Amino acid sequence: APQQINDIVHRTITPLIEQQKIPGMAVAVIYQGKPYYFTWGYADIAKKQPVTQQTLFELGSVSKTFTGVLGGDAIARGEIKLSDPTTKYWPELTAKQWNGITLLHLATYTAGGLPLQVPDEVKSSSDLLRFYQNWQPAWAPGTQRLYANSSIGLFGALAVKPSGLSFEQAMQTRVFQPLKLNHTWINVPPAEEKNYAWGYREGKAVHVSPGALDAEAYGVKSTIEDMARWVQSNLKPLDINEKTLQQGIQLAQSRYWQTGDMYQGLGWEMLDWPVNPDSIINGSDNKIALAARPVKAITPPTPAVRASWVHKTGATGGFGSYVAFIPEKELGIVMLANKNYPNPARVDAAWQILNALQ
Ligand SMILES: NCCN[C@H]1CC[C@H](CC2=N[C@H]3Cc4cccc(C(=O)O)c4O[B@@-]3(O)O2)CC1
Ligand SMILES: [Cl-]
Ligand SMILES: [Cl-]
Ligand SMILES: [Cl-]
Ligand code: NA
Ligand SMILES: [Zn+2]
Ligand SMILES: [Zn+2]
């Protein structure tokens, strides 16, 4: 890598790892469109297995960017429209509170207060129907954004129904395979388990536990190389030869709602570039990111703006991930760690690196 990249990465990430007690970390810096890889520490402490470019990390809610792009691809195929009612895809959802809730609302957390988590008691198809049939909205649809797995998770499950594929098969066939993300998994196969890092929480080695709609909301695992390729693909969608996927990437970066200086895409979140770094850093704290806030609709949605900071945080019990990129500058970063450490620390480090390189 160029010396300027090596320098800023050492001076930013090694102290972050020191400050936050991160056991293992992988970073890709995309500079002039090309990834440069860095690793530190251990994927498995007790085995003394190092983080490598093949180590799988849990992406947590960075998975929602895959779900958003898969939904965009379905839009580009004509399989769904965001204005469609939820009940078009799930007719058994006969409870009246669902009248007026569209796929757009599910995808963008604006259905009116669907909860952050699907309850752990939901273990069967009938349990899930019962949960949504009995959910009572706090607000009218299209007025308040409340970040929620039960919202975008249901969006992803319904968006694949016209294809006839399971969510996993749709994601594999329509996103992972065309982009050559050959080490990205919803379910890690037995022969790849040797590369699956442990997450660390309060000194204990942990992996994400199964839950309803986990694949759609938080269940993807990937390597630093595949995640760099994901960033490259979202930086430069015209490089993608599959037109529906090129367009799905673009649609996931369209601006559907605004709250303050933040815009909601499909999975991705965006701000105008140049960005006020304090807004992305502070806005990433869960006290804010998880709070309900009023949204203003953007109709028609703004087509993807290349002068944007586009990003997403992710967490599981044992992992913390962050992706950010700036299409206009051909500049991005992926930070994968096997500890869930505070979001503002992630965003600050990402800002420091990308700001030094623009
Ligand atoms: N399709 C809904 C028909 N109206 C019904 C109107 C009463 C409402 C009770 C309620 N629950 C909260 C969430 C909510 C949802 C939709 C509309 C509103 C509204 O105030 O208009 C709304 O406001 B709330 O404070 O009022 C139940 C629905
Ligand atoms: Cl130094
Ligand atoms: Cl998979
Ligand atoms: Cl977890
Ligand atoms: Na699952
Ligand atoms: Zn140093
Ligand atoms: Zn050190």
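Note that chain A carries the PDB entry numbering, so the residues on display, from first to last, are 4-361. Only heavy atoms go into these numbers, but all of them, side chains included; no hydrogens, no water, no symmetry mates. According to its header, the structure was obtained by X-ray crystallography, 1.4 Å. Read the numbers this way: they start at 1 and go in the same order the structure lists the ligands and their atoms.
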**Study point:** Recorded drug, ligand 1
**Key:** VNRX-5133 (bound form)
Review point. Main binding partner of VNRX-5133 (bound form) in this structure, as named by the PDB entry?
Key: Beta-lactamase
Check your understanding: Which other-chain residues or nucleotides lie under 4.0 Å from VNRX-5133 (bound form), by heavy-atom distance only?
Key -> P140, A141, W142, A143
Point to revise | Entry source species for chain A | key: Escherichia coli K-12
Exercise for review: Filter the UniProt beta-lactam-binding residues of chain A to those with a heavy atom under 4.0 Å from VNRX-5133 (bound form), and list them.
Suggested key: none
